[PDB]
Amino acid sequence: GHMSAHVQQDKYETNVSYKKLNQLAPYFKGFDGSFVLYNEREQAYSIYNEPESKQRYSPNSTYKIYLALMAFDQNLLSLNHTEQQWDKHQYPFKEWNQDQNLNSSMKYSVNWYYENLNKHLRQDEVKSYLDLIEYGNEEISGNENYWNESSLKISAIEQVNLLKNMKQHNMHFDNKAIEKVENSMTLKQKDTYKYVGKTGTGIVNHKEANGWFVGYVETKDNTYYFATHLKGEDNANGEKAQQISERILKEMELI
Ligand SMILES: CC1(C)S[C@H]([C@@H](C=O)NC(=O)Cc2ccccc2)N[C@H]1C(=O)O
């Protein structure tokens, strides 16, 4: 068999049409970055950096969205049962050093909460889910934490497709599971919009080398799904990805 199979698995192949967003380049100074927007009503993609929008990268903590949905679907989590007790292990982030529910664990990106979830899910069940939802390369061979700078990788465009599929009820997850998960990542809720999203950060060679912020803005007549990805030697993290996203979104007058 050919190595090329593996190279081709590292990229999402689509020839979807898109509006070019090359004027967004200044926002990504210092990074190889990408921004993907999908306008639900107009059924239209807009993209800055198409090549980077199709490169698959470890999802890191953005994977927690689907890990939670999987857990609801397996009845590991339920609508009134999202609490996990802290094992008394001291982490460098104090918010991690306490009992959690779905809301706090997503807000504070509490790794151990989601590791526990993955621990209780059958590896072959997870593989089945990743096949169903078409999660990037679907590669969980890597470690035990296959979603953290490991085997599993996904592109910005796919990140956007998955959020859209989730919201348009194209996934087989219960609507109330989706509502719980959306609430856990709801950043802002006003009369005129709901703003939802999740950061991710990956460390490679002791540096912040992989940053994500993915989510959507739901208005009174439309939904705008987005993914921002940053690749850099250092300073490529979720917070910077979110900052950039919010500048772009404000500029587009969505938030
Ligand atoms: C809050 C985090 C920095 S930790 C968590 C997870 C997921 O990506 N990332 C990591 O475990 C890698 C990491 C650990 C410590 C500092 C930076 C990245 N999520 C990060 C985020 O939301 O940006």
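We're sticking with the PDB entry numbering for chain A, so the shown stretch reads 331-585, in order. Indexing begins at 1, ligand by ligand and atom by atom, following the structure's order. Just so you know, these numbers use all the heavy atoms, side chains as well, and skip hydrogens, waters and symmetry mates.
The drug or drug candidate found at ligand 1 is benzylpenicillin (bound form). Structurally, the main neighbour of benzylpenicillin (bound form) is the chain that the PDB entry identifies as methicillin resistance mecr1 protein.
Benzylpenicillin (bound form) places these atoms under 4.0 Å from at least one heavy atom of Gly530: 8 (O), 23 (O). The protein heavy atom nearest to atom 15 (C) of benzylpenicillin (bound form) is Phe423 CZ, 3.7 Å. Atom 11 (O) of benzylpenicillin (bound form) has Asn441 ND2, 2.8 Å as its closest protein atom, hydrogens excluded (heavy atom only). The protein non-hydrogen atom at the shortest distance from atom 9 (N) of benzylpenicillin (bound form) is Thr531 O, 3.1 Å. The shortest N or O to N or O distance between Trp426 and benzylpenicillin (bound form) is not under 3.5 Å.
Between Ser439 and benzylpenicillin (bound form), a contact under 3.5 Å exists for at least one N or O pair.
What sits closest to atom 14 (C) of benzylpenicillin (bound form) on the protein, heavy atoms only, is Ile533 CD1, 3.7 Å. Benzylpenicillin (bound form) has at least one atom lying under 4.0 Å from a heavy atom of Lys528. Checked by distance only, benzylpenicillin (bound form) and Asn390 stay at 3.5 Å or farther apart across all their nitrogen or oxygen atoms. Looking only at heavy atoms of the protein, atom 21 (C) of benzylpenicillin (bound form) is closest to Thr529 OG1, 3.4 Å. On the PDB entry, the origin listed for chain A is Staphylococcus aureus subsp. aureus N315. Protein heavy atom in closest approach to atom 8 (O) of benzylpenicillin (bound form): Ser391 OG, 2.3 Å.
For benzylpenicillin (bound form), the residues with any heavy atom closer than 4.0 Å are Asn390, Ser391, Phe423, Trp426, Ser439, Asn441, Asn478, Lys528, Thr529, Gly530, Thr531, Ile533, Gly568.
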